[PDB]
**Student:** 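Here is a complex structure; among its components: clofarabine.
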Amino acid sequence: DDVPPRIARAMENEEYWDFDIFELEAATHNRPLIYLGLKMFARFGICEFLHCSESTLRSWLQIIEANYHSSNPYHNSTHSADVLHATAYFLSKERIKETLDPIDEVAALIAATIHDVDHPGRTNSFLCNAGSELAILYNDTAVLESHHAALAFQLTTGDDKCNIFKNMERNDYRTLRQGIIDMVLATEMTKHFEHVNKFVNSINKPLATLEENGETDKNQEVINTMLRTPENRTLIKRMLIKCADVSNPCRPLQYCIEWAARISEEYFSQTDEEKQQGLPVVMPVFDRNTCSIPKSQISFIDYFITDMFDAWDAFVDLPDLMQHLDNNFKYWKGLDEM
Ligand SMILES: Nc1nc(Cl)nc2c1ncn2[C@@H]1O[C@H](CO)[C@@H](O)[C@@H]1F
Ligand SMILES: [Mg+2]
Ligand SMILES: [Zn+2]
């Protein structure tokens, strides 16, 4: 409640898409997740659903945020706060509000908080090739993604004061647990095109077919009944977490460039380490001495972003995001100047 002025001013227009997440980072002193978490969890009314106190949530938001590495350029508490902000925005839209249930809204916002917890600034491929402690632990299969979720529940349940899932029912926790685990694991990029195709075939194409009839009262109930099933809700949740995770190209141009520079720096550190240690170079194009950042961002957007957000926009209707995507894409094209 009693938040100091600079941090309180940074979180004024937090419902809006245009949000100064880096002012919050500077204001909070690399602690943006706890302050943004407090307001976001309260606004939805998550501790009323979970039956937790304010002090239980503060201890929970603290211990996860401590395990986020400040040394990492991109994968830190500020990134998870940006994803949490993106998550809440998509949940607040009319398509997602009317489709999803309150249990799903809680699972999404919790998942966004923990999805990259204890990131080593490195990819899965690096850890498998290096023979890391977690690579051997998870058998070179969803190494980081399983570690993020597994460690998050170890921190939450393992300590009594940190446990936000203390007063819940037996059935309510397991459905919530299965929901959070699935959304965190869905962020793995090897299954990127799998999660995009399953979204288009099961949601968008049926919804496109049903919309041919019109806006009749009986037909809207069929659109409701079809989307609101457990299978399709999960596919919407898998798509929502994926989009919010890589929503930085759809931000305002200042933030887009900042997110681009940070993730690029995190690769150059990895590429320098792989050369010195004598590991196989899994990311050859992302080297500080040869990489074009503008040209790299164009390749990333064309491969991952453009087709995914096309599907997500067609479903949810996101005119601000797709307009920013067009403005940022053309800016990266303009920086060649040769
Ligand atoms: N803007 C981005 N550019 C590039 Cl090359 N990779 C990015 C960008 N934003 C996110 N990523 C990557 O996407 C993955 C998370 O979905 C991570 O491996 C890494 F963060
Ligand atoms: Mg990930
Ligand atoms: Zn992520």
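Along the sequence shown, residues are numbered consecutively beginning with 1. This entry, so its header tells us, was determined using X-ray crystallography, 2.8 Å. Order of listing sets the numbers, starting from 1, for every ligand and every atom in it.
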**Student:** Quick one: which ligands or chains are clofarabine?
**Tutor:**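 Including duplicates, the model places it at ligand 1.
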**Student:** Which residues would you count as binding clofarabine, with heavy atoms within 4.0 Å?
**Tutor:**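 The heavy-atom site around clofarabine is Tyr74, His75, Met189, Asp245, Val246, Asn248, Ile263, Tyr267, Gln297, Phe300.
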**Student:** Under 4.0 Å from clofarabine, which other ligands or ions appear?
**Tutor:**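 Near clofarabine: nothing else.
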**Student:** Which residues flagged by UniProt as binding divalent metal cation in chain A come closer than 4.0 Å to clofarabine by heavy-atom distance?
**Tutor:**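 Heavy-atom check against UniProt gives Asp245.
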**Student:** UniProt domain of chain A with the most residues touching clofarabine?
**Tutor:**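 Chiefly UniProt domain PDEase.
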